[PDB]
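Below, a PDB structure including carfilzomib (bound form).
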Amino acid sequence: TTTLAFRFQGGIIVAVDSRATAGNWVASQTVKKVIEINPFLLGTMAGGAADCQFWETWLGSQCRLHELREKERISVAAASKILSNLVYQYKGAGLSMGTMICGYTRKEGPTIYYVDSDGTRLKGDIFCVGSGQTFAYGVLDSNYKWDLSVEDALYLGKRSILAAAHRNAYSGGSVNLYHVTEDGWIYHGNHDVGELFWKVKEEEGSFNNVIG
Amino acid sequence: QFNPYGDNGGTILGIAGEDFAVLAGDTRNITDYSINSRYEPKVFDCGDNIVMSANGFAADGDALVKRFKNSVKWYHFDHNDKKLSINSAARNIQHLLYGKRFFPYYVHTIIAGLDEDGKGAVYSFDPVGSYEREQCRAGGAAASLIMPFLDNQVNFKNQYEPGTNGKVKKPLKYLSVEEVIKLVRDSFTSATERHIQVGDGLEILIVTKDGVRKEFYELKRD
Amino acid sequence: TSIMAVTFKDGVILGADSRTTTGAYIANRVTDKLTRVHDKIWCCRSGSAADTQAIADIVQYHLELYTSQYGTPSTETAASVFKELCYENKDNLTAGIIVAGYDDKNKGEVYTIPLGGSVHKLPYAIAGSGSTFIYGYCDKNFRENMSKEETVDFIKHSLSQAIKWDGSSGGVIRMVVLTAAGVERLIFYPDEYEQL
Amino acid sequence: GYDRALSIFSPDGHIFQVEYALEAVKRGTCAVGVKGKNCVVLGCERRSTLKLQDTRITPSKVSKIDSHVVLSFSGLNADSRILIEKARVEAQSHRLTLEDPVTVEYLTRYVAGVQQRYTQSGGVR
Amino acid sequence: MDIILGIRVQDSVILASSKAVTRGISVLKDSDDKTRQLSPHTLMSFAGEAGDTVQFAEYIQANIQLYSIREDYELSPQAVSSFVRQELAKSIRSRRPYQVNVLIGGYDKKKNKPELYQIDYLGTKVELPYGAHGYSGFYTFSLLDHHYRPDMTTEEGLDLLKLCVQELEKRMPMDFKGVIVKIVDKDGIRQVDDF
Amino acid sequence: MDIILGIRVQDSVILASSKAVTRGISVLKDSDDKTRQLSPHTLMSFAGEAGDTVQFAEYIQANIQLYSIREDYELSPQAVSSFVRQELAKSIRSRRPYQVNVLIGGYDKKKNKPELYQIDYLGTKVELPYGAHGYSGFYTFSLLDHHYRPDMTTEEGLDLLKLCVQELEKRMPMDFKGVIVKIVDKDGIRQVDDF
Amino acid sequence: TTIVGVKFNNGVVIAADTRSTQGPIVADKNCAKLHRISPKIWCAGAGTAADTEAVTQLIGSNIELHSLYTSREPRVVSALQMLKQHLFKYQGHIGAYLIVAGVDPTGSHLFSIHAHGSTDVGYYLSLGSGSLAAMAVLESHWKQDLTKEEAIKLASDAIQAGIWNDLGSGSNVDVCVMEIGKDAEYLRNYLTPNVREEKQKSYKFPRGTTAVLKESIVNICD
Amino acid sequence: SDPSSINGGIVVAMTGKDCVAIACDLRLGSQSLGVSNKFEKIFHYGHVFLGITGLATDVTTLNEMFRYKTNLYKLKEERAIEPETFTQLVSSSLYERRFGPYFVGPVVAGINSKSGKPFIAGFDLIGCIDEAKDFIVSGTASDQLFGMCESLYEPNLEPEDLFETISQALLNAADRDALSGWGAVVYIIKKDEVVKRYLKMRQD
Amino acid sequence: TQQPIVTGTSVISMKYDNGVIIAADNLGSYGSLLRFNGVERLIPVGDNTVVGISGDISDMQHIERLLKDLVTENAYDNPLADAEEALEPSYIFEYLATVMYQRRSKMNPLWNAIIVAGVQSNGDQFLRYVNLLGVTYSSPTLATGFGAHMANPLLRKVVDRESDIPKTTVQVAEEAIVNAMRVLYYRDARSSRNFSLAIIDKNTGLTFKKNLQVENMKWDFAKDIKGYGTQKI
Ligand SMILES: *[C@@](C)(CO)[C@](*)(O)[C@H](CC(C)C)NC(=O)[C@H](Cc1ccccc1)NC(=O)[C@H](CC(C)C)NC(=O)[C@H](CCc1ccccc1)NC(=O)CN1CCOCC1
Ligand SMILES: *[C@@](C)(CO)[C@](*)(O)[C@H](CC(C)C)NC(=O)[C@H](Cc1ccccc1)NC(=O)[C@H](CC(C)C)NC(=O)[C@H](CCc1ccccc1)NC(=O)CN1CCOCC1
Ligand SMILES: *[C@@](C)(CO)[C@](*)(O)[C@H](CC(C)C)NC(=O)[C@H](Cc1ccccc1)NC(=O)[C@H](CC(C)C)NC(=O)[C@H](CCc1ccccc1)NC(=O)CN1CCOCC1
Ligand SMILES: [Cl-]
Ligand SMILES: [Mg+2]
Ligand SMILES: [Mg+2]
């Protein structure tokens, strides 16, 4: 896996790949690594597929119970802490989860929380998670500015996953894009690396290491 | 030291059509280099037009199928004989599998049937409950042999339209039940040739709105 | 294996079962564990089949070369050559060998050579996994200067019991008789010895 | 454990133990709450049959549950301490998990839920 | 988590804590505040195993805040440090111990004195003029042995602290991304924004 | 030893190598040059096991210099890289292998082309437009995949290299104390003093 | 592997299956496990495939040189002695398990050799993963004074038992008959009871399906 | 630390009607890190073609070794080595290192210049010859290649059809393996002409 | 977590046209020591089922007691205990299969391999296997231990598939079983000559044969075998 999410002028970009592996065996190229918790909350998945999938859908149930009891949408901080406190109870049991809880509320604004299986919970503007995180960081950091447009930010997130999809063997398949605003999250499509790579290579003039 | 797991071999295969779905599996059961049975079915009709197979360690496989079948029964009791949809069955199975997260069922599970729009559906599970709906999935010992062939023939991967300079992809389309059974049979004969744990017999369960039909074919017994 | 060699009035008799195992599988049920290293010097082989064969072959070569130069070797000499191989290569060998021969001067002699490569001259010797079960029986029943028929019955009854209790022993009971008369091979089948 | 159902229904549909608990409140010293445009004021009566009191150390009638919420009461003084303690613990627990202090409605709902639990739990009044 | 330092001077306690949060070959964050305010005049920094550090710090924070509300009174730094030590002393013989090392810098209002306590994950408490956890101490202790004086001002303490950070930035293998510095005195707790 | 980078551009090869030498919890040196000139137009950088790195580099240097004197002729970068690979290929099946990874940047005077070879301790050789050894590659490869162009100038290559070092200084856990940059072109080898 | 050897009236016959495995994968469906040491001394090999081939070729080479040196036809005991002393020297690390058979001026012979260098004599022998299945047949049907045609039948039946019941063995049955006074006859693919059935579909692709980036003529000439 | 699956890669060979095809991927990596997308695994000595998968240093070393040996062969024999003979040379050379082997999966392909017969062969790391009428597979996606070849292959394919079959076998197998792919090359070999084609595949 | 101490070897069985046959030797081994010789490893349940057990004998005796108690429990408040509501082979098997899997799931297995042979009330043949792992399977021929490797190949030559069952008589089927027991005596080092054999027929019912012996053995050829290669004497 490679996943990322970064905060900018126009909200939050979230981008993930879709590959799933069992050792060197490519088991799937069409996995959904973004969980839609509610119209204002997203969750990213990296590590153990079952661990991430099971517990983040469980998180969505807990976030729903909150707004029934409190007649108010759960904060991104409170949502992320439910998950971090949960995995902390299991610490040492062997859970493998690298997640990011991304969303918008009135009191917080656009917010991203990194949450992993050994109990780490961090608020921040930029995170990349998964085995291909470093490859995404390389492209993302070197092109990141706060004043990116929604169009340029969407592309940078997409291009960063593509970079990791290319170099990291355990990342690939397709890119899933999301944009989180004050009005909620907006899906920006599934982009197959099979076509995207050559399209990006030709139009951008990058990837000169590859035989054109 | 006592090892609670074993490998019973065999391989399974699920393909989804437009208004149907098939779930196939070989009938060979093995341990190490010995054949236990040439005909031991591991693809089951679980009711509500859901077929299921849990391939790998047969004891865990049988336990899981048994528990799911029971889950279907109690779903009827508790919810006024409501039909368990394939998507609801899939989520239920995730909880069965993840319930034993720290002492897993050593199986690859596949279920097949029709979704609530009447379209063919195949769901596949890892041992601890991560699941995904797909048009296509092979599971078990010969999955690594069969799956890439399915990518090529069912989902038309790496196939481009002739003369288009590798620019236009071969268009996706649903396969007929006749064409799907051809791919299943050729997949299993190919797997039988090159994998020692696969052979003896092939049992296919076909699911349509009319019900669950069965077909059986001989495979090489060496 | 169950093996033994017994001196008696006219010379010496070697005895053995015929079972060779790989774990609990019987790789050979008609094995010949009694092997010639010289005309009237033979041995019983127990332990690793490969090691005991390799050793016996080398000893046979040594005694053949001895005979070409110095004439017929003594049974003691043969036991010394076995010992030398077993002792000097003790780290890499799993061989329990009983050496038995007939001289005209010394008559019947038995030497046993356990794992360590030590040598022990005895009136009779037992060895192999099945021998454990017949120490009591053999000690109580052995007598010196027995006749041929008495010694054959002693070995037959002894190996019969060893075979009965030891899973690693079985098949036929082979025997080799060493006397001034010559060399005689004997065989005894389950239907006879089992119901003793 | 002591299991007796003390709070139970009567023929006319009343739970006398709950209603007798109200009589204990009616006996207690008067407490008043008035909320203005930008404030709330909690007034409390203290009976004057007790002279030679030490007002420095005597438990105050109004208690802080958190830095932003207060609780006054009428009725059994010993009983109030148990509710106040539970409320204070829940206030810190809320800050720990939600990363935000309790709302006044939430804190009230919690305290009210504790009171209710003691009206249909065995062995308690 | 790696570098946490503490210096007690004449009228205050100064805590310096590294900003880096590293996992594997990636610095995930470079602005992490490795401290919690336990009470208006008591501050605790922490370092150790991921997850455990924050979980422990906040657990202590909740307990001290609960005490403050109950008694309408602030516990002394000595009292808080003894409470923290006991929790760690319980923890070390638990099924899964808290692998967390802490410094507790506080200003005792009754004594009008600053106090610095160093407590490791075993529950080993010591009151010190200056303290450090992890590999930091292997450089800073000898440095402070030389340059530290007991009658120093807060400003002198900050210069003394700069000398420690410079040495660590020169000789430490890992990039810890600078430090957040906080001062604890009679007026409470405040953060130095430019360090 | 940790970070060594290489970028081949239009008319030159640029090697960047970290200056830190760390042993334990101490940075022993912050001005270490992790490279040797094998010939006037061939430069080799190296990283790996302590002792092995320099011993191997100088051994290769001696052999190439011996060849140059014997034939009064400079070996091509391709020829030198093949010689180096074979030595490492011998080494990996020795009693104690050289645990050294190298980049060989050279300018072929007969072809008038810059050439960059990446060789690991196993004797795995590849010619590349840009290369890296160790954890550096996990950041720089994807970065260069995006920003690199084959027709870039030496100055553009240096800016591209600055972009790599900045990213490494941001996200790498360890402080590698900057890099020494050297350029290999038709005029030979020279060092950039201000980076 | 399944390999066997059976003695008869005027000679000896050996046989073998033709499956070569690589883990659970069938690498070669029709490999030759019968090896010629000399014209009338043949060898069936089980275990490590490279070792059986290498050791049989080496001893075969030295046997030929020995035959030329001594102006005599080679003997089975010479091959046996050379093989076992070689295998013993390597302490089982050369994983060759061999059934050595042949005819020579002394007569007809049948031996087995194991990797550690031990040898056995018999009228019927079996080695390999399917040796137990084969030996079961040999123990059930073998008798003294077999004819040529009876021994071939018994040997091939013993191999078949391995083919069907042992997952390590499969495909075809090779046989070599060594009779006294006659040339040895090597019967490659004596039985072929595992022919692949006709595929359901032809997977011949339309020309131009594969996307191509470059073409070039390769120079093989000088 | 499994030598055969550090760098990754695959080779496949097929026979057709009076022709042979040999193909390989272009990836060279270090476990998860993709390093090179130009690393070809097929070499040729005269008209004999050799593909080699496995540990990349040994791929390079063996190429250089067989170039060495086939060059001396040609000088002494005064003719080019044939596929059948070369296959024996490969087997001998690999088995020479029996207890310290090259971690490789070589594949020989070619047409005998005298008889005109198409020839392919495969080996394990210690030199066991695996001869085949139909196809040989090797590398980290060997399971996948076995599955693709066994289903897609049919005998007596024409060079143009054989190209499509071998290409689709390689591509779809590589896409199910993390350590294989990143480009591909296909050699179509006729009696006296050889065509080399680079395939377009997904680059992840 | 266990290790087996006193053990029983192969249990072999097969279906024939009217019923099933099952057999097992009378040995209780103690490692390589052939310790106990009067051990019955076939245990009848009612007049329609025989449970053959191999592996740990202490656990076998535990299973005997469970089956014995199952018959008692089934008779309670059951007027049709010897008729319509009598214990079926399928009931007995499923019970054991449940226990075996529960025990393996608690990491404390019954260290056995079990074959339940019998005839159902409707006349159908029942033959099914279960072991310490809770693994279950059915086949026209079933065998445990060495029997799986050596007996099955021989028994499958008689009944190779379902359609061969009606063509196989009790005479032919018993002959194959007895032959298989001889082969096991030749080749299994933890086997004995003495064994028991049970036939459950839908017409003639349960026939339990005790104190059978392996006979008609070939050993004569052993006399001709001399040395291990060269040796002529
Ligand atoms: C990238 C790919 C790097 O991993 C991403 O992180 C993705 C994340 C997405 C899918 C959420 N991660 C994976 O693909 C993840 C990698 C992984 C594997 C194992 C442990 C941790 C991380 N893959 C999986 O989890 C796979 C997903 C399946 C293939 C859909 N699952 C497995 O490998 C499973 C179960 C793992 C497991 C966890 C805890 C306890 C027990 C098992 N294992 C198998 O399927 C076993 N095996 C695979 C090969 O076939 C035989 C059976
Ligand atoms: C009785 C049986 C015991 O005292 C006798 O002594 C006989 C003596 C006769 C043969 C001269 N001994 C054996 O039968 C002997 C027992 C034995 C086994 C292992 C070590 C020492 C003694 N059996 C053998 O030697 C067989 C002969 C084969 C079957 C023809 N060989 C083996 O079992 C080999 C030996 C390897 C070895 C181990 C230790 C020292 C020397 C050699 N072992 C195996 O093949 C292992 N087996 C292979 C399959 O996987 C399961 C284990
Ligand atoms: C039956 C089928 C099995 O018992 C027979 O015994 C046959 C004998 C006939 C063919 C002579 N045996 C095999 O088929 C034999 C089984 C085997 C496997 C492994 C160890 C021992 C025996 N198969 C082989 O020997 C294959 C032959 C190839 C497929 C043609 N070889 C391998 O599987 C090699 C193992 C080589 C080896 C080295 C050192 C010690 C023992 C064996 N394995 C590989 O090639 C795997 N690897 C893949 C990636 O690149 C590096 C190599
Ligand atoms: Cl022997
Ligand atoms: Mg990738
Ligand atoms: Mg088979």
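Each chain gets a letter, A, B and so on, in the order its sequence line appears, and its residues count up from 1. The figures here come from the full heavy-atom set of this structure, side chains too, leaving out hydrogens, waters and symmetry mates. Displayed portion only: the contact tally does not extend beyond what is shown. Order of appearance sets the numbers: ligands from 1, and atoms from 1 within every ligand. Method of determination (from the header): X-ray crystallography, 2.5 Å.
All instances of carfilzomib (bound form) together account for ligands 1, 2 and 3. In this complex, the main macromolecule engaging carfilzomib (bound form, ligand 3), as named in UniProt, is Proteasome subunit beta type-2. Other chains near carfilzomib (bound form, ligand 3) (heavy atoms under 4.0 Å), by letter: G, H. Protein heavy atom nearest atom 6 (O) of carfilzomib (bound form, ligand 3), with residue, atom name and distance: G:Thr1 OG1, 2.3 Å. Of all the heavy atoms of G:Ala49, the ones lying under 4.0 Å from any atom of carfilzomib (bound form, ligand 3) are found in both the backbone and the side chain.
The deposit lists the origin of chain G as Saccharomyces cerevisiae (strain ATCC 204508 / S288c). Under the 4.0 Å distance rule, the nearest protein heavy atom to atom 19 (C) of carfilzomib (bound form, ligand 3) falls outside the cut-off. Contacts between G:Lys33 and carfilzomib (bound form, ligand 3) below 4.0 angstrom, taking non-hydrogen atoms only, involve the side chain exclusively. In G:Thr52, the part holding a heavy atom less than 4.0 Å from any atom of carfilzomib (bound form, ligand 3) is the side chain.
Residue G:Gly95 places no heavy atom under 4.0 Å from carfilzomib (bound form, ligand 3). Here atom 52 (C) of carfilzomib (bound form, ligand 3) lies nearest to H:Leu125 when heavy atoms of G:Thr2, G:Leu127, H:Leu125 are compared.
Taking a distance limit of 4.0 Å, we find that atom 43 (N) of carfilzomib (bound form, ligand 3) is approached by no protein heavy atom.
Within the structure, the closest approach of G:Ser20 to carfilzomib (bound form, ligand 3) falls below 4.0 Å when heavy atoms are considered. Remark: minimum distance from atom 15 (C) of carfilzomib (bound form, ligand 3) to any protein heavy atom is reached at G:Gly47 O, 3.4 Å. Within a 4.0 Å radius of atom 26 (C) of carfilzomib (bound form, ligand 3), the protein contributes one or more non-hydrogen atoms. In this PDB deposit, the label for chain H reads Proteasome subunit beta type-3. Scanning G:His35, G:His93, H:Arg98, G:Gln22 for the heavy atom closest to atom 40 (C) of carfilzomib (bound form, ligand 3) points to H:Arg98. Using a 4.0 Å threshold on non-hydrogen atoms, atom 48 (C) of carfilzomib (bound form, ligand 3) does not count as touching the protein.
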